[PDB]
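The structure described below contains dexverapamil.
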Amino acid sequence: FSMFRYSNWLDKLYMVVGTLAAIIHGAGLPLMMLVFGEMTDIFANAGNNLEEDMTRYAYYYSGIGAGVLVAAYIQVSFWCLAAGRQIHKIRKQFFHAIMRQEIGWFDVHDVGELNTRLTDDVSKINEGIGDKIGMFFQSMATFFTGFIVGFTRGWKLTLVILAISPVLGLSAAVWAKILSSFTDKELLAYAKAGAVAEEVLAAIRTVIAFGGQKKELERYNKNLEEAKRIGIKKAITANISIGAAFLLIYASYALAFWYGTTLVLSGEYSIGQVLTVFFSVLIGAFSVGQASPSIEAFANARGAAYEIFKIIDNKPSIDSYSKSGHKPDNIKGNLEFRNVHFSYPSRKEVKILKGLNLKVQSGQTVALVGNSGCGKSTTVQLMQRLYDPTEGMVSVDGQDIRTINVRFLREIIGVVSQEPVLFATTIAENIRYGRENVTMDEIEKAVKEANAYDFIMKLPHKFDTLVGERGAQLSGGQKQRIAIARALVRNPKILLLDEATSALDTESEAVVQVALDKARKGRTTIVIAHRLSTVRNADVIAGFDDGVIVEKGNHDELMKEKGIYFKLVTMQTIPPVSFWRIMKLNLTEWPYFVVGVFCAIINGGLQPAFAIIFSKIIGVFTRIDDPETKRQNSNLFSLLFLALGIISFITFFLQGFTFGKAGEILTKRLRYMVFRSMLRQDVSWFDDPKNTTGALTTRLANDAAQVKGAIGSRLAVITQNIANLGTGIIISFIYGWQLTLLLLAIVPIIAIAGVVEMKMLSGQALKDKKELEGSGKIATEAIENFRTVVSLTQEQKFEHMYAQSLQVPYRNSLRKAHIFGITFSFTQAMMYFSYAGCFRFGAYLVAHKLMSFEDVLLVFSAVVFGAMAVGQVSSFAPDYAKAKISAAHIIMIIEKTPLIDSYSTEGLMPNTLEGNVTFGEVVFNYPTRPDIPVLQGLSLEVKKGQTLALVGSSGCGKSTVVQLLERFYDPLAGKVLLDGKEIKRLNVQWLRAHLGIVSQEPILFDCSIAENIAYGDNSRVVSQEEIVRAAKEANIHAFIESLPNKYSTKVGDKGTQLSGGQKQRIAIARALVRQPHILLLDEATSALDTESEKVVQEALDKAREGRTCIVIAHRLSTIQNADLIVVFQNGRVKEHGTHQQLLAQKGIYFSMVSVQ
Ligand SMILES: COc1ccc(CCN(C)CCC[C@](C#N)(c2ccc(OC)c(OC)c2)C(C)C)cc1OC
Ligand SMILES: Nc1ncnc2c1ncn2[C@@H]1O[C@H](COP(=O)(O)OP(=O)(O)OP(=O)(O)O)[C@@H](O)[C@H]1O
Ligand SMILES: Nc1ncnc2c1ncn2[C@@H]1O[C@H](COP(=O)(O)OP(=O)(O)OP(=O)(O)O)[C@@H](O)[C@H]1O
Ligand SMILES: [Mg+2]
Ligand SMILES: [Mg+2]
């Protein structure tokens, strides 16, 4: 698919113009470098009126700069405009094709997947075809023209440098590869801690219940230590990579200078040729290096566009836009289904359509009946030509549906949905979606007919009341009535309705049926319902039989047939922070920083040195003296580069280690704190949806690289850049003030250029995303509702709406492209103009003997290359912004304290528990929904060694009394006391330990069963004999013994490797491990291996002595086996007493007992 662009041949011309502009820019840059070589050559010749020659050279520079400006502007602007046009056209085509797809197609592919496809794949195509291609062409042109210039102006020096450059390229690529490998290794290493934390957090309730936080913390600490080791290895790898790159480039500089000095000293081509060839070839090498991102982006776009086109290329089986069918004018009611054989393509194996015979005459209110899953609604669905008949015949008025206008057919048949979908627009908007030619008079008549006026009239702008998100504005009965009105507005020839009002309420069903069946003489009707009333009104009713109709007759005929109809009838009855505070790594890295900065400063001083040293290697030739001594002097500088490069390397190496450790240590310590901080938190905190277990895990994981960068990387980059630029500026001022001042006041233009470019890129991205979302609202609202859309045959109208929503931001995109192109062209031409002005001024000074030409080169190179290196390093280190906000979030979380400090040693800790509990007036309001109280201040009490049972209502806090008993919260109002001990005053540790809570679905860590059982008895060692005794008590010791490896078996995740009953028994045994004085069990019986469940319940009862057990269950006999029972009614204790007294009374307990 090398040619994946297919739109607007004129756009092809625009793209070719952009390509030519890219070639021009690429050729231009080394052309500027060659002109620099010539200027240097003339400057050196002047070592003996020069100003004129300098002015001529400056004129050449200005011409090339203007050419560069125009060429870069053309490149970026033309490519971006072409991309905008291409993306607009392809997005329109893609949405239209999606609308064209078949119902089966949309069913097969996930709707969310396709919506995300539209949202993201097109944008990725744009990004990979927008401008990066222009950059690729420009880089290729720069490489080729650099080589051409090097060859033209030199043969030997060019050859040596071209033979050297691949070494540097290979070294850089190899270092990148090893860095990526180390990245993968570090990810895999930390995955262990990640899994540990995920398991712990997923079991936060049980984790806090068993007080095993310490063990999990220790394991996480060990994993974190391993991950820190690997991360430090990665950091040293990356830093040594950068150092090796610096060493290679400086070695290239040194060898180039040595060879060039050898040549020029030999009377060969002058120094200017050396400078031009060296710089041009080096720039070519770096550009061919920079080429890669464009290729990567284009490959990603290749893949995405391949998928998109494959979606587009698929010609559908049914083409709603195709008008190759016959469109009769007068439609006479006559429906024929003959041996309709077919199935759901989703699972073609089944055959729901097992052939069907049915003939309906005109003006018949036919109806279908049958058991759920008999395909009664599938017949109607096929009636709309939503699917195709695998083997059979379907026709209306004696003509095959396939041989008729698909769009016309679908618009000549009206349908009603059991759960109608309504377009998220005004009531008038919804009616228009139903049909635009309503004239608003028949619309009002239909609105009146459907009996939907109260909801419409009450709402603001009665006839134009909008529908909120997902139809929350109107009522379900209102929604059904609106749907019926919309269907009727089309005045179809065949109505197909299912569950008119059989979803939630029947009150509006009477009016709905009255209005629907009222006007059906000229509109044949198919009705699917689930109530006897709707069945009775049927005129001709057909019963379904395995996708076949056996019973066919009226109500009386069906009743006399004694079919399934009669069977049913009888059965029918972002806080901020301070950089000073954030530097917590002081406690750790204080011995580290002093090293790194010292190294970093040296590196900051390394680059400016290269300037002055380089300057001297030029100055040595500019001097008229030029004796043989220079041959020695050149060496004195040449080898320096080599040594200099080593220095450049060496510091980084050291800098890698120290800082690599400094950050790495933090990654450990911070984690070891934050996770702990998370554990020392109340259950309510986790209850917040924001603190989602997965989200908390990710934050615990995806923050090391953020905080490390914010603390260390930011400081290192700031010190390095500051040292480098300050050294350069100060040295320049020492050796020059005029050119120094001009350059210092000119560089900020470049700084503004770069900053504005980045800011414009970010802002344009955000704005484009915003407008794209504005259009995607319409797109998704017209994709998630695809079935009802095709039923409405309004696809074209939604296509026009999306076309408008895209035309709105298309112009904005084009204008943004133009603006970005102009800004980029200015940024690129600024450097050329600055070189022109700086060298013109340098001549204007040296001619007046104000500054040595060597001094001019010194100042220029120092300042400009310092700016370049500073920008590069700044763009190298991790971003401060995201790192800063991540540090803020983690600081907020770690510093945040709980309302109940489980680690607080103070608290009433009586030696022994009395087994007395009294919960009175305890009002429970969950922090998730504090406006929805769950406990109504119920009243209850249990004595020592007393077994109580609950009769709470569904989702009324029946089990919450254990939850509150678990101390996972605090009583909002009222009181709960244990053995006359203040629950608030009771130490959280002691209370949590002394209670044997049993959860409704007790989770277990995926480790050895021995550890899982042992972990319950925290704060002490539980001998294997105690574990065996507990397992026998829970009736699990025998099962474990039969299991190979006994208690050492690696229990599968969530206990999957073991039977659910086995897992519950293991959890009960663990609970019994702590020999709890007061215990709680919640829905532990269910059915649960009814024999095994009964055995477990019997064992628990046998071990109920010497402990008070609070039991919540759905088994009648277990509740009766309790010592006492407490009823619940909206959080109110209706009654409390024994089984006999409770049953005798008229209380809900008797009815519940009679239920089973
Ligand atoms: C990266 O793109 C460019 C590269 C070079 C140039 C101009 C001429 N260069 C020979 C000097 C600048 C590049 C420079 C060197 N040498 C350099 C850049 C990046 C580096 O990190 C990989 C580096 O150290 C290895 C050195 C100097 C900053 C010290 C302009 C550029 O902008 C287009
Ligand atoms: N996308 C689907 N792919 C496969 N089977 C499906 C799909 N949607 C529904 N089904 C099932 O296929 C059968 C089609 O039944 P259909 O609804 O058309 O008729 P019905 O007699 O009114 O039954 P029901 O209303 O209980 O589904 C049902 O068993 C339904 O659950
Ligand atoms: N952390 C929480 N935040 C908000 N609501 C909660 C929370 N935990 C439970 N609930 C709600 O409290 C009720 C659960 O209480 P409880 O389990 O004691 O009653 P239940 O009758 O045994 O429950 P179920 O009918 O679910 O088996 C449900 O409404 C549940 O939505
Ligand atoms: Mg159905
Ligand atoms: Mg419950």
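Along the sequence shown, residues carry numbers from 1. Remember, it's 1-based here, ligands and their atoms both numbered in the order they're listed.
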Which ligand entries or polymer chains correspond to dexverapamil?
ligand 1
Chief binding partner for dexverapamil (ligand 1) by contacts (from UniProt)
ATP-dependent translocase ABCB1
Heavy-atom contacts under 4.0 Å: dexverapamil (ligand 1) vs UniProt TM segments of chain A
5, 6, 12
